[PDB]
K.L.:
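The structure's right below; bear with me while I get my questions together.
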Amino acid sequence: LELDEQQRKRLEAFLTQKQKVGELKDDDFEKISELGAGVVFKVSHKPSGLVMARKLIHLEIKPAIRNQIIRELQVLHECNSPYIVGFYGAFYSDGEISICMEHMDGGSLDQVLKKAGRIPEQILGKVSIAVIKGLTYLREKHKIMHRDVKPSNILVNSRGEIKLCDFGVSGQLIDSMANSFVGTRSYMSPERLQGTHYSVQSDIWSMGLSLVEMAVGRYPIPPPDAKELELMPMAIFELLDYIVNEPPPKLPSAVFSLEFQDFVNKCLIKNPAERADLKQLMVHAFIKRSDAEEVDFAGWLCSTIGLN
Amino acid sequence: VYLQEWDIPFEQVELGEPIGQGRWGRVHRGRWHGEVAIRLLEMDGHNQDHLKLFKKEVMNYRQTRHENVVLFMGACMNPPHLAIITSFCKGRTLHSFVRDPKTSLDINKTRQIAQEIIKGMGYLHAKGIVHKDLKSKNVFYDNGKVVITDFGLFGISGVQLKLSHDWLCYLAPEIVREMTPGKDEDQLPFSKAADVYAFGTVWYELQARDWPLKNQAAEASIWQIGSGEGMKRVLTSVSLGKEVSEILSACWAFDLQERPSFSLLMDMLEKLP
Ligand SMILES: Nc1ncnc2c1ncn2[C@@H]1O[C@H](COP(=O)(O)OP(=O)(O)NP(=O)(O)O)[C@@H](O)[C@H]1O
Ligand SMILES: Nc1ncnc2c1ncn2[C@@H]1O[C@H](COP(=O)(O)OP(=O)(O)NP(=O)(O)O)[C@@H](O)[C@H]1O
Ligand SMILES: Cn1cnc2c(F)c(Nc3ccc(Br)cc3Cl)c(C(=O)NOCCO)cc21
């Protein structure tokens, strides 16, 4: 599975630190500051002095399905790879499902993008490698798909790692909660919007659309104006109808390499059958390039936002 | 409104156990002697224009009485606290009724239930009242008789986006295209035509005992509903009967103006098996 030694040594170190904490409840944590909402908080755990990230979601529903949600979610103990954020535990408390996760020093790429303005191609190659490896790991080891890929769910650290969060493990939580939200933006594939059977192909599209937003600093659809590109108020249905009935986004031909331009073009093919799968994407020229490249990711991240 | 302004003589009403929640306050069982349903709302707007239109609507519901519309009894507004009191419906919501294994739906029972609902929607429309929230959860079935609940209630302005799937199925394309974050439900284009579309979905429920769209993401449903392609597909995907499907295709008409009136729909339901 191309498991590196330094990765496998940092995977063991957190699995043995995973039993030092053991189980937890609600009084073991203490707040620090506001991470964001879509809520998650920076948290101090008191039994084990490790600082963790606790995301809270408010669900008042019949307790029979709350128990089915928690037992489906405990499978995250089996999901462990260098490209998925560290999972601590899941429990119901005060009618608020709380997920305790690794704290990521750099936050989400959505935060990173707003502070960085734009994200260079050299480094978008590294996150793309991490996502396909993380998505192959998820589809192969547990036979699930992500269903919610977007920059605000890609997390980075000053340690130099890349890992994704908020992936769909519980089918009941999907039918009961996650489906009811609709944001001002949509990262959903065109075949999911038309309600066909979608696979990880739908996740490829999300990755492609996310890459375009990070590369240009703007949510891609509707495509920017001709002069707006040089510098760098819509209802939700006009957004969704554009994704289905209009050409997909593409990177500007003047700034980025063919390997990058073609990479996103293969990710953003509307038909998922012709869209690139993960096998085809792992061997794509843009991946072979950045995988063999030499970037110091920790240096860019800490000098972009001001960490150490 | 001090409740003494109503023709239902009032000395005292008592709150009882709550019976489920929703976007529109908390509904309590209660006793007027008869059991009643009491809905407790709160006006965050607190603005005189909200209450003037509220006073307009509740005084209009005072004029309503029909065997297929729930009896509106009184409303009292001690702002920001408001309360709406309707007759309590014994029996099961039509939603939970069709989804029962034990329930025995048939080509006749569905026609009879639907004609009842059309009569109630006919009356409400005759009085110029748009229901704005016709769905299976707001229709009650006790033995023979069928009652419509929760009509006109969306015209109220009380205290990202979250949209239930069950509600989306009953929403006409005119409405879901206008949905957007920061836009309140009071600004959506409900209408008599949007009401007959919601009758299309409730008729589908009478035939299929389930939603016309399986529990998808909201975004997925929003496009399918608003494009009219969603209802096109489910119309073809599984058929029940040419005569039965004719009224379903008519009610779900993409152009609202091509949707029948309720008085017309009474005749269509008559020329059936
Ligand atoms: N496990 C985590 N570790 C560190 N930061 C996190 C974590 N989860 C979320 N965040 C931060 O919290 C914010 C995102 O929270 P979240 O509730 O996931 O909403 P969202 O990602 O913006 N969109 P959505 O997930 O669909 O609601 C960003 O500022 C992230 O950096
Ligand atoms: N007149 C009534 N008689 C008896 N039960 C009622 C009445 N009106 C509402 N209810 C019940 O009260 C609960 C909440 O009603 P309501 O607030 O209208 O939500 P709902 O219609 O069930 N679905 P929603 O409107 O989307 O929240 C449900 O269990 C209803 O069946
Ligand atoms: C739909 N759905 C089904 N299962 C889910 C789940 F386990 C989730 N949490 C999660 C999973 C893995 C890891 Br590693 C870390 C976290 Cl925090 C989320 C989620 O976090 N949504 O973000 C809120 C957006 O509305 C959603 C799930």
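A, B, ... follow the sequence lines: proteins, then strands. Residue 1 opens every chain. Order of appearance sets the numbers: ligands from 1, and atoms from 1 within every ligand. Both backbone and side-chain heavy atoms feed into the values below; hydrogens, waters and symmetry mates do not. Heads up, header says this was done by X-ray crystallography, 3.2 Å.
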K.L.:
Just wondering, what drug is modeled at ligand 3?
P.N.:
selumetinib
K.L.:
Can you peek at the structure and tell me the main thing selumetinib is bound to, named as in UniProt?
P.N.:
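The chief chain, as UniProt names it, is Dual specificity mitogen-activated protein kinase kinase 1.
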K.L.:
Give the letters of all other chains that come under 4.0 Å from selumetinib at a heavy atom.
P.N.:
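Heavy atoms from other chains: A.
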K.L.:
I'd love to know which UniProt domain in chain A has the most residues in contact with selumetinib.
P.N.:
Protein kinase
